[PDB]
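Notes for the one structure printed next.
Chain letters: A, B, ..., in sequence-line order. The numbering of chain A matches the PDB entry: 1254-1272, 1281-1431, 1440-1601, 1619-1869, 1879-2572, 2580-2644, in order. To match the PDB entry, the residue numbers of chain B are left as they are there, and the shown ones run 1671-1713, 1715-1810. Here chain C follows the PDB entry, giving residues 1950-2088 in order. Just so you know, ligand 1 is whichever comes first in the structure, and atom 1 is the first atom listed for that ligand. Cropped entry; intra-crop contacts only.
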Amino acid sequence: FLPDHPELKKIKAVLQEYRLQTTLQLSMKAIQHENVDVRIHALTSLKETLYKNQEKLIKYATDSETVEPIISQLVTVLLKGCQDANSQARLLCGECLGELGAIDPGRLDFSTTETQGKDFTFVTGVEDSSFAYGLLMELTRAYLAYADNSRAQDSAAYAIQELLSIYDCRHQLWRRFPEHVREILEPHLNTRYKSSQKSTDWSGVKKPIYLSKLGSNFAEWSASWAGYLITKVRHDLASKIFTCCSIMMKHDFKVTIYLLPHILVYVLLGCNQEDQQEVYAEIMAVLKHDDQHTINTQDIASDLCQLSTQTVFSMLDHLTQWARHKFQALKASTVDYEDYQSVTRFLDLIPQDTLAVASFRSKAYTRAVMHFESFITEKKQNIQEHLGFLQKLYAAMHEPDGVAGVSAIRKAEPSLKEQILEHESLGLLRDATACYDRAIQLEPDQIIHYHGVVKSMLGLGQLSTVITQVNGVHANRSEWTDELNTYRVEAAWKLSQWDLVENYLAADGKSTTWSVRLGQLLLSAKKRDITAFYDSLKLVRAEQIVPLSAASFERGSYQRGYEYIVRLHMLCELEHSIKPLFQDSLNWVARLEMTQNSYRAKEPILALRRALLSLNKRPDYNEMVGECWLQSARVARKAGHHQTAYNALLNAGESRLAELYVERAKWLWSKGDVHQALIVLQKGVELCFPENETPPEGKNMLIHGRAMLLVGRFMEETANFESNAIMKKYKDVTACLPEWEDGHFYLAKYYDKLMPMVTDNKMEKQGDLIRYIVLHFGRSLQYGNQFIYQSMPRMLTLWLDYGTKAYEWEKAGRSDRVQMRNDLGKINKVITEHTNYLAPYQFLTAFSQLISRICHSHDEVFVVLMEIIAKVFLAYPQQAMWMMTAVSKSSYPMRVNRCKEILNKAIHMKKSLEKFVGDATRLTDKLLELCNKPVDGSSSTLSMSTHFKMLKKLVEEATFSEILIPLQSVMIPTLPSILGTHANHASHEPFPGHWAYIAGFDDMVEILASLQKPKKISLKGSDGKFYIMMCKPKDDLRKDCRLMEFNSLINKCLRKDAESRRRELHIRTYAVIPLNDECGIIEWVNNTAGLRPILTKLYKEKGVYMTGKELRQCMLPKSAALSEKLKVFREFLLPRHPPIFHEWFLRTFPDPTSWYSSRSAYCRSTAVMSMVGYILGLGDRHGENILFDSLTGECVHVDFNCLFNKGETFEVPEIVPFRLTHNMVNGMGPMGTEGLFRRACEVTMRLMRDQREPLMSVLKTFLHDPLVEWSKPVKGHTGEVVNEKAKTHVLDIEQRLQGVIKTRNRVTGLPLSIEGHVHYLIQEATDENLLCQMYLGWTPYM
Amino acid sequence: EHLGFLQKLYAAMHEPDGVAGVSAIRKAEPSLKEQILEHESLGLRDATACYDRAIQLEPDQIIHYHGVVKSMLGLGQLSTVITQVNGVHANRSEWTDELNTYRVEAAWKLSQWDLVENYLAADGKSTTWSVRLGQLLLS
Amino acid sequence: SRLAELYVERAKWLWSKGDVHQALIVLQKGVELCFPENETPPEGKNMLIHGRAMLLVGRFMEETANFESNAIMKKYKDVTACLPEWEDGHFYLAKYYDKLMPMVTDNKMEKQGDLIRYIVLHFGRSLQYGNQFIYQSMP
Ligand SMILES: CNCc1ccc(-c2cc(-c3nc(-c4ccc(S(=O)(=O)C(C)C)cc4)cnc3N)on2)cc1
Ligand SMILES: CNCc1ccc(-c2cc(-c3nc(-c4ccc(S(=O)(=O)C(C)C)cc4)cnc3N)on2)cc1
Ligand SMILES: CNCc1ccc(-c2cc(-c3nc(-c4ccc(S(=O)(=O)C(C)C)cc4)cnc3N)on2)cc1
């Protein structure tokens, strides 16, 4: 009902008698409602609400890295609604989004959009009840659909009767159909019907049905071809059904659509060679014909070409699915084999290349790519001649990486047009401009070249030149002037030359360009035209929504359509800026900040805002325009395009801004001319902040602080400057903005860098320095959590290490002990103050490390540590308990005693925690028992009740406390965003989301042969969902746990970065929880299977398979020379296993769109994981350890025990960076490594290099972790262990991040590589010499 | 106080070092004109955008269009130069006479002889090196 | 008609920018595009361009850290073979041998001997064919 008014308040008193986030959920549920008017009211109310609660909404969006979950759900819902049929609803929902803002897909989270689609219900045959049922539903919806012809509804009910003839509903058949269909079909289900139409013979008329009078119209062509076919099929039941539905077919084409596929299947089963040739003729004709290619009266044809293409495609698709299912049957008789053979033969008759060309004609890009790769492989056809078509395709799809790959592959020199394609897809547009000029010289009669020239000009921002260029072109040719008018319009309105806008607009009444529409709106604003304004507003909103409509029906849709979403954002902002003029609550700053960080996103919004400000007449507009030009800088500077803001860095101009200087400095710094930047910056500082008068006020003090900090950083970079001056500058920055975090942070970093040098690397001397360091770090934290990941861990490491060294010196008998002791006391006091000031979650973030050092030797240090950990525990008992469990049950007694001390202190602080602690202890003990429960016999499945009674009971008791199901989402804390820093540090919610407590266990427990017989359990969550948790004996997971943490941090990074996001790079992460050193519980990842098993099944299906003994024969002695091994490999192992993985892709995903999306995801995921592994030195990537999700196609890695180049230590050393066997490559597609995969690798590598500091700090903490079983277990168990290769491991990790291979022999001085790094890595992985050496277990041949 | 004058001088002397030094000395922010001068003295890409902003600031000045056309020349964008001069002419007939030299140079470089002849015919007052070269080549 | 020349000058420009790797790839592709091993390039100027390209690839390799010493050495030797009388080949080969010697010999001249003989001989021949690097070579 969703009333919103006092009358609605009467209804609400009613609802109270019956019984912002709340209202939001309500409106959400509303919009989903079926009644269109219901939804419309919902949407209107929602739009108003959003406008009214804009403040709280923005706060939700920007307070924390990730948006409030409710927001994510709401945006998913709105984008869905975009798909709705009613135009009004679509427009309303577009307004919804635009009002929300253009949230960076990163900040949003889409797990709801599983989008299975309820599709792929391939029907094996007509006989199948479900298929005949769908046919009956078709006919019923048909007869009801139209009353225009009594004969037609009569034909549908007649087919109902004939279906009763084929099979009686009276009771499975009746059971099959629903009641809204049941009651509709019942009146004629039994009555009777005369033949709806007079008999006609499609076979009598002989002609290619396409291009025939009957085939003139699409539906009529559907009617003539299907009738002919029905005549053709030699199937009595098929003939019966076909005749039954014939009459209905004449009236509605859609019934024809449903029927044709199986009609063809039956025609294939019962075949005449001449009939087969005629069928292939019809299909080829439909495919061969290009509506633009052939000339005829197009009233029928225009629609006919497209529709017929789609129909033939669908028919072939059903044929393919039928053939695959029949091959599965055959493997699982002879008549079915013959039928399947006939169908496969007909399929073969069709040309893949033809299919691809047609598809491309029909804009069915994805299917085109699929067909084209299928062609390039199925029939081997060389490297070099089809590249043009494939490149054009990728261009269409807008997949840049496709174009880049295609280029990377082409051997022959690239044609000019191809270089144009490449520069457009990805290029600085400078080469683009010059190539355009050269094209104009090469071709003087093509408009598109001038298009590109003008577009480039605009990009650089040379408006006036663009206007004049358009005018010139106009002078040369009048006709082109119409097409080119758009860019002139854009320049004008951005130029703020309204009159020119009016002229050019009046000139053309045929341009639908976004730019032209924007100019129209701005004009209607300039000259107050309320009615026209709002009309154009509706129109443009609809237009924009159009593309997003199709975009919605896809995974990751939001991202794919983000451009249009930003357009809607601009529209909303424009509306709210204009309204007051006609007769502006929105907060522009926050809005902009929510947007993704890339040109495509920010720039257009900013230009539009400059325009609006121009239309607005406010005194401060002159300066606001400077802020907008300066806001364009740091939105482009970050991207590159350094000339793309000359008309910005200059444009800013008048508005007084030391900010102008700071910006010019950052720019120079990006460009590499550091000394320049320092000069310009010192000058701007002197000028804007003369020493005589202090800047004490607001933005002035702020900018002064920022400038001083930047000066300091520059000075650090330059080698000339003295340490002391740097330290002084940083201290000054701190003094001028004590509240700022960056100040203290950089100060601490610099002191840290200096300390090793000043102290000679002697801890004793370092003490005082360490105090200063930790103090400033903690302060920085207290202000903001931007650099938390680098700050916290470093501080903790330093303090704890100093404590350890002091304990050693006290035990030693060395004089420095007393000074060290006083220093340590001071340090501990500092830590205490930090504890008091810092919020709990901030410690939570390194809680892992904290726990790691629980066994520290010095008691005072331990007291402090315990205070910290206890504060945390109280703050977040669930996560803390999970993380501490293992240590609790450690075999080492000291670990257990200390953890118990901690828990006791906590309990003392908050009693209620005691009950929960006891419950958790009991639950963990029982789970450990289970994990270690010995299986008897095969015992594939064991009932919970039969064996694990105590567990079911314990969970059953109502007294038992709720235990949060361990899940990565609930373990990895989120953090407050920089934008919002007020009271966020105090009230920040670490784990905003849905918390599922353990409500019970499904009875059945699975035991898996592989993985050393690990039990698999399924917990039952409070929400009712079931989560499957594998229980693993004999594995130390601590390593895996911390690695998962690091992966989560990497995932955050990947999400924030534009380039990674657009590709949707992400590392699949599964929660891991160690019950104790030997046993831990690991979350299951469903729909996923190992590469080895999958390919093994494929091979067996192909009949080609290698026996284990065969392999043993192929195996050779390790001492054998490399030549013999390479031989064995190439000669036998590679031959035996041909590349088939692409087939797995094909079968798993039938639909072209799903196929393409999943293939892309596969490439991206494998790339990301390979890079990450090579950085972390992941090893043992053997078939089973790597996995692929059947649902998305992504790749997931497991068995992260082998880390930090432990593989080399193996008897058979691992000599490859990551697992890239020929099969995986084949998977990626014909392009192979080159293409998507390469670009993903490169992007991931770049990102990692950028965040090198935070990752490196975290990894440091990880490597020096004492709890981790770095070595073999000794005696079964100070409860501390030290990793001997720690320093070496950190050095190697750093180098790899640096990009310094250091492998080079005979010369150890090597400049870092950049992309050549990814290239050399790929080469190494691919090389056969290496692989052949690799151990058989890795199954390199596969 | 007098830095503008010294910069102008060094510009006249064709002494780039002078202008660079001036710029380095100035405390105040550089005006757009002085910026144009410095760009021109010390070698073109940045100067094109500066010229664009200039034109936007003052439309009537012809020197700015001169600079933009020259730049487009240096980069090798002949065709663009032709179209640009043509557009300017469309807007202002007068300017066409001063700008004809660039068009002629472009053409002659394009090898488009008809355009060379026609443009050279347009006006008979240019003595620019480029214009004489075009006359010779056409002959 | 100047494919080889094209790719070579291009590699040079690219290097100028700094993307050494993108240079090496394009250059190797060109080496395959023209003078493609199917038959030995003896065609005079063609042989010259072939040698120039080979030497360029060799110096590139030297720049990149991945490539092994032996391969670089072999490439320089190939350039030497291709053009016996071209100084550049000999000079660069000598330079690379010099740089390698200290590590190979562990900085023990005794072992350094034979390498020294090779190096000196190649310097000398380089001098016979030209005088571009005399100041580096002779001393
Ligand atoms: C018109 N006369 C001047 C001229 C013009 C072009 C050339 C030329 C052509 C090639 C060439 N480039 C590639 C290549 C390039 C880029 C990428 S990329 O991934 O960065 C992404 C940007 C695509 C990947 C591969 C592959 N094969 C090739 N044959 O190299 N130089 C030489 C002279
Ligand atoms: C209207 N346009 C917007 C706008 C306005 C002003 C600024 C601005 C002003 C200054 C500034 N520069 C210098 C300086 C010194 C030496 C050279 S140099 O020739 O040696 C070099 C080519 C190597 C160049 C410049 C000296 N004092 C200064 N105050 O820096 N940025 C930036 C954008
Ligand atoms: C020395 N360290 C020992 C060690 C060993 C294993 C792990 C481990 C395992 C998983 C994990 N595996 C799967 C999984 C695995 C295989 C297949 S399979 O079809 O190929 C067929 C072979 C069953 C299907 C699914 C799903 N979800 C998961 N979380 O995670 N960690 C960790 C440490």
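- Looking at ligand 3, the drug among berzosertib, sisunatovir, batimastat is berzosertib.
- The name the PDB entry gives to the main binding partner of berzosertib (ligand 3) in this structure is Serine/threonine-protein kinase ATR.
- Within the structure, the other chains placing a heavy atom under 4.0 Å from berzosertib (ligand 3) are, by letter, A.
- By UniProt annotation, the domain of chain A with most residues touching berzosertib (ligand 3) is PI3K/PI4K catalytic.
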